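Chain naming is simple here: A for the first sequence line, B for the second, and so on down. What you see of chain A is 3-53, 74-200, 207-383, 402-457, 552-582, where the numbers are those given in the PDB entry. Residue numbering for chain B follows the PDB entry; the residues present correspond to positions 2-53, 73-200, 207-386, 402-457, 552-582, in that order. Just so you know, ligand 1 is whichever comes first in the structure, and atom 1 is the first atom listed for that ligand. Quick note: numbers below take in every heavy atom, side chains included, and nothing from hydrogens, waters or symmetry partners.
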Amino acid sequence: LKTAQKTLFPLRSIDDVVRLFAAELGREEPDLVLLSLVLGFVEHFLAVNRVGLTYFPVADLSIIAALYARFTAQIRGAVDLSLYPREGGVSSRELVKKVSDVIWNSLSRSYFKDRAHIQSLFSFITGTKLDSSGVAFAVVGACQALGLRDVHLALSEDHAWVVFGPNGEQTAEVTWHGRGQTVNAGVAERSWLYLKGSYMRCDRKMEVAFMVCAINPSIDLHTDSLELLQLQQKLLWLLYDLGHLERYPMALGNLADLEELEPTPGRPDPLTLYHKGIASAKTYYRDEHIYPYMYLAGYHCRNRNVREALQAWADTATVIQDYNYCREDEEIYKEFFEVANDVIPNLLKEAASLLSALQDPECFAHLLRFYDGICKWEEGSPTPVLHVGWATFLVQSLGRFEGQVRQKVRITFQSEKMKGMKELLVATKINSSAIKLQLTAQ
Amino acid sequence: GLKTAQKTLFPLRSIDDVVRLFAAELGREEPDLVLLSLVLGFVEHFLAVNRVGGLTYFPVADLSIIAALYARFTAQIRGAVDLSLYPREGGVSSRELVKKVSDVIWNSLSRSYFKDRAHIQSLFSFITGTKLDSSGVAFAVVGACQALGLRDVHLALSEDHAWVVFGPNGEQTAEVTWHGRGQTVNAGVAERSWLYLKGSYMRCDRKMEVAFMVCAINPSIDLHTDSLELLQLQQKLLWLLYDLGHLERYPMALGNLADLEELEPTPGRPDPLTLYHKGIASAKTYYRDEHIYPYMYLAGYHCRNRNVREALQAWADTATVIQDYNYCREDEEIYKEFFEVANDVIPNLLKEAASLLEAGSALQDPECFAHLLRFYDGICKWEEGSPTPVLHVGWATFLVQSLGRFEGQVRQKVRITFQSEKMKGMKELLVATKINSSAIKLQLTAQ
Ligand SMILES: CCN(C(=O)c1cc(F)ccc1Oc1cncnc1N1CC2(CCN(C[C@H]3CC[C@H](NS(=O)(=O)CC)CC3)CC2)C1)C(C)C
Ligand SMILES: CCN(C(=O)c1cc(F)ccc1Oc1cncnc1N1CC2(CCN(C[C@H]3CC[C@H](NS(=O)(=O)CC)CC3)CC2)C1)C(C)C
Ligand SMILES: [Mg+2]
Ligand SMILES: [Mg+2]
Ligand SMILES: [Mg+2]
Ligand SMILES: [Mg+2]
């Protein structure tokens, strides 16, 4: 650590942490290892080993300098750079593989790899435990501590790896999902997990944004750390103000969800931030991201804006339609399954009871765009998506709209399945049996 | 269908009115299972499913609502099942007749729903929603059978499944619902899976069937909130059944009542520890000590009160029961309960204890170390002869971590009976002053 950094200690409050982040983000190379260990330390004494009162666990220089030394010396100890000629200020694959192996070999052979609060370098140093994405982050933190300035975090919506080399052009798998390979076959197979190449390639500032989104305020299934929520919210505003969330759609979604919980006066309202996330995905990631729409959909859902919610879910299906469903895409499958088979059916039932969205042919058209996207998603997929469970809720959901509301609705149907049954969907009588068979055809 | 006697207990305006109805029905040779299910169903629905500085409330059940629902259930069954086609010699039901009632219930359900959802356990949910969970179906078949006058059809339950017994002396069994047929449960008993308790399952009379529907009350509103009123209702109904002697052969019901007494103790009542012990005594006396949950119930209570010795003793008891079973695919519930104990609760309890020890005690007690070894030995013996492994490398790490919470001086002299070849195979390593982590790991995970 430099004298500059040392003077920001001890961290006695949330404002002290925000000052340390502000100071580090001002530099060309923010110290990822310092910042990770500090969030790790604060998360550990607020979520994992707690103590009414709200409190901040004071981070003395003595504790954080020790942890920093432990991480940096461990990496430097394990990697002899004089064996890796590093011509043109670019790292070789052999060097990135080696740092990957150093991180891998330092982990416990057996732990709950899915547990909360094993995301930070704190958990790696004090516990020898990292989650999936904790590993990729640790490889990048190690690379920075070795002075390898071209090694960066790549993320999809559910996986992480590294890019390196002349233009961030090279990719390497470093962690497990659900090594040393490129991600090219993932991009080529058009799975959601690799976003068809439209994944985030972070600079050091997005890597700080990632570790801030990684803060997990969960204490148990019933209780969040208020202090960790407050810390995340202030750190995300700092990154917002400095321009570092511009190319981070999920971070704007995260900050919007926090603003819905506890609005910051003078700040953009949640709807603005959800739209900025969607604008970010459209502008920088070829509109290939699902969560910015799912975020907006959740907010409208929670506020009982049924039209707006169904519109946002139809958008999510309009994105997913250009993918193939592959084995490792199960997170987004479950999110679509929850929307189709639980949230929409319940929202429509709420509406039917108050009766409205059910007299609005616009809401019916959103529902059809939703199912059409899902059917087009399934086309060309190496595994089916729609089984008989889906079919029931389709018919149930269609039937919440009277013949007069459904009759004139005309949308573009990308999918062969919805094309195949356009006459059944606008018919005065819903032929439930035929719709069911058509949807589950395979 | 309903008698003047029953009609005069209406409307139900309070929890006490519901207790009066149950009291009146339990006084009879044939308590009306369909009436009682519809009433709990109705009350659950307006307290947990469709709710209203705050209010607690009781949803008034008018005769008009309950008599309608009763008629709907009983007429629907009588409509579907023509008894004159099933000659019923000796006052005993045929398999074809039980299978038919099973098919009627199955055919009445929505073709797709979340069969795993809360609040789809009652005949209320079946009549108003055409939705039943697994055990809701078995109960519905028995309620249908009673409304058809089939006096020999009774609810059978294990700790995670339900079917029916019928015939001369409850001789016959039929699968009626899904887990996770018209076939017997004989192959389940023979495979020695926990799901069929090796034949030591509950064969309910009509009073235990009321107890089952009372245990079926689900007070959950969402993940974070219980209906106070439904907890209060369940507790008073369980006391009624207790006082009348109907919980004597229902170990999980005494566990349920004990959990409620810990939440809100009833003055003048036996304390929770008494009720958990009654549950265990019931399992030992009437079920060949083949039940796991009476011990798990006791273990949870000790755990929540930070009686570490007593908790580890109760968990070691649970492993002493399971050791005489084979782990089969559909026993996943109890697997997960053992996994949670071994790999989460015990490690965390021991870590708590280690911290209170460095600060200025179960960890200096060789009795607690012995309990831990009995636990692992039962689990290894459970695995022996199983068609599925139980122990993988995840288990091994927490064993070593948990052994290591006890110093060499505490572990050294402990000698327990080892049923499993696996624990016998490494008895010297467990009491050694140095824990050979690597060897212990391989021994427990091998095969
Ligand atoms: C959240 C933790 N996390 C990851 O999960 C992650 C790891 C990776 F390797 C790659 C991507 C990752 O995701 C994120 C990355 N950066 C920031 N945020 C990430 N998140 C937030 C995320 C998506 C959104 N969901 C919340 C939504 C889900 C859909 C929901 N809509 S709905 O209710 O209509 C659907 C039922 C609204 C809330 C939480 C998890 C994943 C990172 C930060 C370590
Ligand atoms: C919802 C309850 N229910 C069933 O789940 C059920 C269905 C069947 F087909 C067959 C048996 C069934 O179980 C019960 C039947 N009758 C009454 N109670 C039943 N219960 C209570 C039961 C077991 C105990 N658990 C709670 C315990 C679990 C162990 C725990 N101990 S621990 O914390 O030390 C273990 C980590 C204490 C709380 C709740 C569910 C299953 C019936 C009443 C419909
Ligand atoms: Mg994920
Ligand atoms: Mg697209
Ligand atoms: Mg169960
Ligand atoms: Mg035994």
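Among all chains, the one with more heavy-atom contacts to ligand 1 than any other is, according to UniProt, Menin.
PDB records give the name of the drug at ligand 1 as SNDX-5613. In contact with SNDX-5613 (ligand 1) at heavy-atom distances under 4.0 Å, by letter: A. Site of SNDX-5613 (ligand 1) with heavy atoms closer than 4.0 Å: A:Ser155, A:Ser178, A:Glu179, A:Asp180, A:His181, A:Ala182, A:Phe238, A:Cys241, A:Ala242, A:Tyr276, A:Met278, A:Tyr319, A:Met322, A:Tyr323, A:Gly326, A:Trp341, A:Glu363, A:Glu366, A:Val367. Geometrically, SNDX-5613 (ligand 1) and A:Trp341 share a nitrogen or oxygen pair separated by less than 3.5 Å. Nearest protein heavy-atom contact of atom 1 (C) of SNDX-5613 (ligand 1) is A:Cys241 O, 4.4 Å. The closest protein non-hydrogen atom to atom 42 (C) of SNDX-5613 (ligand 1) is A:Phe238 CE1, 3.6 Å. At the top of the distance list for atom 41 (C) of SNDX-5613 (ligand 1), counting protein heavy atoms only, stands A:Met278 SD, 3.9 Å.
Polar contact with SNDX-5613 (ligand 1): present for A:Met322 (N/O pair, distance under 3.5 Å). Atom 24 (C) of SNDX-5613 (ligand 1) has as its closest protein heavy atom A:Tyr323 OH, 3.4 Å.
In this PDB entry, the source organism listed for chain A is Homo sapiens. Under a 4.0 Å criterion applied to the non-hydrogen atoms of A:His181, SNDX-5613 (ligand 1) contributes the atoms 8 (C), 9 (F), 10 (C).
Shortest contact from atom 28 (C) of SNDX-5613 (ligand 1) to any protein heavy atom: A:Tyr319 CE2, 4.1 Å. Per-residue contacts place A:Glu363 under 4.0 angstrom from the following atoms of SNDX-5613 (ligand 1) (heavy atoms of the residue considered): 35 (C), 36 (C). Nearest protein heavy-atom neighbour of atom 12 (C) of SNDX-5613 (ligand 1): A:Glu179 O, 3.6 Å.
At a distance under 4.0 Å, no protein heavy atom can be found next to atom 4 (C) of SNDX-5613 (ligand 1).
Some N or O of A:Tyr276 is nearer than 3.5 Å to an N or O of SNDX-5613 (ligand 1), by distance alone. Close contacts of SNDX-5613 (ligand 1) with A:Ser178, meaning ligand atoms under 4.0 Å from a residue heavy atom, involve 10 (C), 11 (C).
According to the entry, no covalent attachment of SNDX-5613 (ligand 1) to a chain is modeled. Within a 4.0 Å radius of atom 34 (O) of SNDX-5613 (ligand 1), the protein contributes at least one heavy atom.
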